[PDB]
There are 2 protein chains.
Amino acid sequence: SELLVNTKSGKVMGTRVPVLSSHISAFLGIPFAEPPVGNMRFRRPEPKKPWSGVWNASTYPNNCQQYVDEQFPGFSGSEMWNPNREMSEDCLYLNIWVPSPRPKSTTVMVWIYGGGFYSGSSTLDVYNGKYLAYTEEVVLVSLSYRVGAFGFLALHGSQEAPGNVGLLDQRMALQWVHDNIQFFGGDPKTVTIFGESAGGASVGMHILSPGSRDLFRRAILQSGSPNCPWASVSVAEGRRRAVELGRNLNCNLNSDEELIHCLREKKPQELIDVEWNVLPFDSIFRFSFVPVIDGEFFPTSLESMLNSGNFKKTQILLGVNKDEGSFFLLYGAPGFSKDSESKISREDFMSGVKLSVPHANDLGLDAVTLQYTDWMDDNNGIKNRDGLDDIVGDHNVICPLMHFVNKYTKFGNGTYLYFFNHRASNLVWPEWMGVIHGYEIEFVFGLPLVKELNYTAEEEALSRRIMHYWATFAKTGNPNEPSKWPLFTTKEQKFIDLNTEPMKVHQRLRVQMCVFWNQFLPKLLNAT
Amino acid sequence: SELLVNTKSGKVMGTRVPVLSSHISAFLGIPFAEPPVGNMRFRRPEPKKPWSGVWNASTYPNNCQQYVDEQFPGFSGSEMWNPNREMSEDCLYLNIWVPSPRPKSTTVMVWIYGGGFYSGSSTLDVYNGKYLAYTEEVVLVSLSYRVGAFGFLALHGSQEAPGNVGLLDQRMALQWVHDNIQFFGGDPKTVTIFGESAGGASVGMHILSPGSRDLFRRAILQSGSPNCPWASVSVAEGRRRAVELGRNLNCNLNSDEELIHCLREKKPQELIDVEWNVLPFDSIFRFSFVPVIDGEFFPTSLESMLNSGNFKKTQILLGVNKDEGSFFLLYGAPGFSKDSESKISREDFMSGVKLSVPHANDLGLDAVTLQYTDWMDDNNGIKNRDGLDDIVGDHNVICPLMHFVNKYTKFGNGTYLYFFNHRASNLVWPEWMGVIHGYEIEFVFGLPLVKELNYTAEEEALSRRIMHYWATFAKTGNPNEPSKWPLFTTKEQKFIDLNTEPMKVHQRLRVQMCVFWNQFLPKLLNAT
Ligand SMILES: *[C@@H]1O[C@H](CO)[C@@H](O[C@@H]2O[C@H](CO)[C@@H](O)[C@H](O)[C@H]2NC(C)=O)[C@H](O)[C@H]1NC(C)=O
Ligand SMILES: *[C@@H]1O[C@H](CO)[C@@H](O[C@@H]2O[C@H](CO)[C@@H](O)[C@H](O)[C@H]2NC(C)=O)[C@H](O)[C@H]1NC(C)=O
Ligand SMILES: COc1ccc2c3c1O[C@H]1C[C@@H](O)C=C[C@@]31CCN(C)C2
Ligand SMILES: COc1ccc2c3c1O[C@H]1C[C@@H](O)C=C[C@@]31CCN(C)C2
Ligand SMILES: *[C@@H]1O[C@H](CO)[C@@H](O)[C@H](O)[C@H]1NC(C)=O
Ligand SMILES: *[C@@H]1O[C@H](CO)[C@@H](O)[C@H](O)[C@H]1NC(C)=O
Ligand SMILES: *[C@@H]1O[C@H](CO)[C@@H](O)[C@H](O)[C@H]1NC(C)=O
Ligand SMILES: *[C@@H]1O[C@H](CO)[C@@H](O)[C@H](O)[C@H]1NC(C)=O
């Protein structure tokens, strides 16, 4: 039977699912690790013990314990990101969509979900792998990993809560794919890991980490890169945040063991309820528990690894969306709201920049402000709203990614860069947010091919070429079929726009602003 | 007789001069101070003792001792600025052009020549007052003052070389105009002082200095203002430069008196020959001996005076030219030369910015560089040449003037701002220099009305309206006759272009760059 697969871990039984009036097989909720519960909370993951019998893999698994978004109760725009399954610490599962009839040795794609390292689920409707698996004939895998404190509480030096275990969860799922995807007809020597935002920063982290490199072939990073200012912290900051967490729960703080034992006695929601209280600054785009530069998963600082070429050398395809910062200003900067045009006053502009560059002294805040202010028209509310949007996006997503791509390309084997700027005709968010962080995912997963979601025909056509670009690149290391998406080179620095109009090639994506964020501002904060 | 005038200092006899086929009277070379020679070198000026008999004022006087420009032997472009009379320390004279028949009580204009405080002459062909005096019916006065070390060597605390004596020379001539211009038919209650570059910074200095305020009614400043970074130094830097001068002449340096006596024994050319050796940095747009913030002529720092309104409150008309920095890059930055297009390499760009902002640390040089570099096209030689031109102009002339005008307007009684951007059809300098520092003077003095200088008809028409704007403003405090040159207000900040096309009004002249030079960069250099 087509729905039965025997793996090294045991037999698994899937289900047949309809797709664009055809069908494919899906093996949902396959365990790849022991449940990280009880005494295992905060611990490195453990491989799933093989099982006898047949594992029912016909339905989605639980989602990991996480902070649930309540800013807009019932609004689809935000609920589309919330867990759509029961939450549980027992959540280390993966899902596989397999073309029918079962391939023999085809291209494999593994998706790593985003969510600021504090949230996320592999079961979201926007991550439904059937459309892509079906249309491009690829074996599509979505893994899961512990988020928030469960995945990233870091007490460096302790073996009970070393930090980075959520990255180790991802690595375990990648190991499982490597060892078993052949039984589902996937070629383990041709697996592309792709992810968006924290998922994309994760993909870059596996590119850097010696212990992850051998487990995949190529990578795609969407609106995220390993060096993002919000994607990692030092072991000292990690420790300070773990201790502050314990301090919020009235924990004994005398030794690592006393703190960890207390945190392990608390119910999941107890940690989630005080998680946000540990940030060091009033800020936007900063999350409590994230990866730590520990000298293990990351042997040295991310910058020294990037500079010395200490990373997996292969082909990469990555890019950003036009209005990366809007999602974040809506949620936390004064003057912005879901139902107004959010024209921003000069005062709110300034408290907006302060929130965006939390770690900056005054000279630094002035530098940012001057750089983004049109002084011939300083009281223009649209200009102040769009300027903050750019500040947030350039600093947190775009410039860090442009710095990664320029460092990577020096040693890599091929880079393809895109700028996604199509505003979906059916976007439920206000127009002022533009082409929002996370909204290229739906085109990557092919949602525009299902008529009921009522997208336009050109949006469907757009989705199909992005899907074919991603799959052709996973299969060959080149998105083009033998108009061309040119290779990004350290000399030419070319990239393409991704939208419904005829492909247009450009160069040096946001260089002016990125020289300010990658070279000037850091020098300024280091001197003063 | 029309050419005979009896003043409080004695009888003076002028000469009749032809102008645009008519005639006016000129009284050239009238002494207003005792010759500042011998033991008076470096000393405050002394009033000219009255003389009996008649003073022959039919020919131009000597020019003060100065560094003579030899960069382009015989090239009219540079020779037009050089002394065209014998140089001598006996040079404190003034010239008057008087309408014929002699007016009874008409508008008076006194011109203060520029020359970086180290050079200049009232007798240059571009300063010929006959055209203006004749066309607008004004009594036009050009004064003179000691430049270089003779006018500005400063050993604060000493009464023998206190500094600022060149400013005191100007003040003495203004005092003489005040006391005697009525005899030439000028109205001493309606005198406008106007000057260009160091002359314009001087005009601003008389506006600030308590001891000069009462001697004039209104002011016009051309491409210069008192707070220019090159127009004044501290008493300590002044002293250090005077001592270094003495050190270049093998002077005894044990006490002020020993140093001053030695400097007074040297022939004029001996001081001029080593004058440039005392600058503290390798720089462009910096001159050795300039005014000193001494607590006397300038009671407190220029900025605190500007901020507190400690200055003469009246109407002012001022402005700048489009390409203020080119003259200076030609003379001293690598990559620039008179006979090539001077496309500048990225390396020369950078040594150009270093030369332009001499007092800046590295962080500061990087700030300037980032601010003026188009990173999508960093190797564009035209862009690098024009960028340096702007840097030099914005930092040394334009932004300082915009800072003065905004501080002044808060307390003044009326401001008119212009941006002069007409490139003369007969300019002998290369095209790459654009609308050069000093080249609006010829239009202010009406040279385009004499056909032999072969200007175009629209350039003549341009000269006539600038001449009438300047004179109507000197006469009334408003350049407009009752299309309008609007008043510059702290709210609207309006200004006009001055060229051969229909008047166009704009606002916030170079605000973007001037916020960088007047607010950001100073804060940066103060922090780091
Ligand atoms: C990716 O790597 C391969 C080699 O591992 C590159 O192909 C080689 O290109 C050189 C030219 O410098 C040839 O001499 C070799 O014979 C090629 N090897 C093979 C097996 O093709 C390829 O150019 C690299 N791509 C990029 C963009 O760097
Ligand atoms: C220049 O100063 C004069 C006053 O010295 C200003 O004219 C006065 O304007 C006020 C209005 O606020 C009237 O009440 C006075 O009666 C006016 N005085 C005279 C004698 O006219 C004039 O507005 C000032 N100009 C500018 C641009 O500030
Ligand atoms: C690092 O960026 C993120 C930080 C927080 C959140 C999201 C982020 O990226 C967005 C897209 C997707 O990756 C998942 C969740 C996001 C959208 C929903 N919000 C409420 C939570
Ligand atoms: C502060 O600016 C100056 C510094 C030096 C010089 C000049 C300056 O302004 C120019 C215009 C006019 O004022 C007089 C001389 C200038 C032109 C001739 N050069 C050689 C000397
Ligand atoms: C698999 O699990 C689902 C969900 O509880 C159940 O409804 C379905 O019938 C199961 N199939 C088998 C054979 O266990
Ligand atoms: C499709 O469009 C209809 C028509 O208004 C709307 O009611 C429906 O909610 C849309 N469906 C989706 C998935 O948005
Ligand atoms: C004035 O001086 C000039 C220059 O030397 C001389 O030629 C002229 O005749 C003089 N006039 C008188 C009356 O002294
Ligand atoms: C006027 O134009 C002529 C014609 O070429 C030229 O020879 C002369 O030098 C010009 N005069 C001036 C003042 O430049």
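Here is how names work: the chains are called A, B, and so on, in the same order as the sequence lines, proteins then strands, and each is numbered from 1. Note that these values count all heavy atoms, side chains included, but never hydrogens, waters or copies made by symmetry. Structure determined by X-ray crystallography, 2.3 Å. Both ligands and their constituent atoms are indexed starting at 1 by order of listing.
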Review point. Going by UniProt, what is the chain that binds ligand 3 with the most atom pairs under 4.5 Å called?
Key: Acetylcholinesterase
Check your understanding: What is the name of the drug located at ligand 3?
Key -> (-)-galantamine
Review point. Using a heavy-atom cut-off of 4.0 Å (strictly under), which other chains touch (-)-galantamine (ligand 3)?
Key: A
Practice item. Give the residue list for (-)-galantamine (ligand 3), heavy-atom cut-off 4.0 Å. Key: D69(A), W81(A), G114(A), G115(A), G116(A), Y118(A), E196(A), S197(A), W230(A), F285(A), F287(A), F327(A), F328(A), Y331(A), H437(A)
Point to revise | Within-cut-off N or O pair, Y127(A) and (-)-galantamine (ligand 3), under 3.5 Å | key: no
Review point. Does the entry name an organism for chain A, and if so, which one?
Key: Torpedo californica
**Study point:** For atom 1 (C) of (-)-galantamine (ligand 3), closest protein heavy-atom neighbour
**Key:** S197(A) OG, 3.1 Å
Exercise for review: Might you check, step by step, whether the distance between atom 4 (C) of (-)-galantamine (ligand 3) and some protein heavy atom is under 4.0 Å?
Suggested key: yes
Check your understanding: At what distance is the nearest protein heavy atom to atom 19 (N) of (-)-galantamine (ligand 3), and which residue and atom is it?
Key -> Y118(A) OH, 4.3 Å
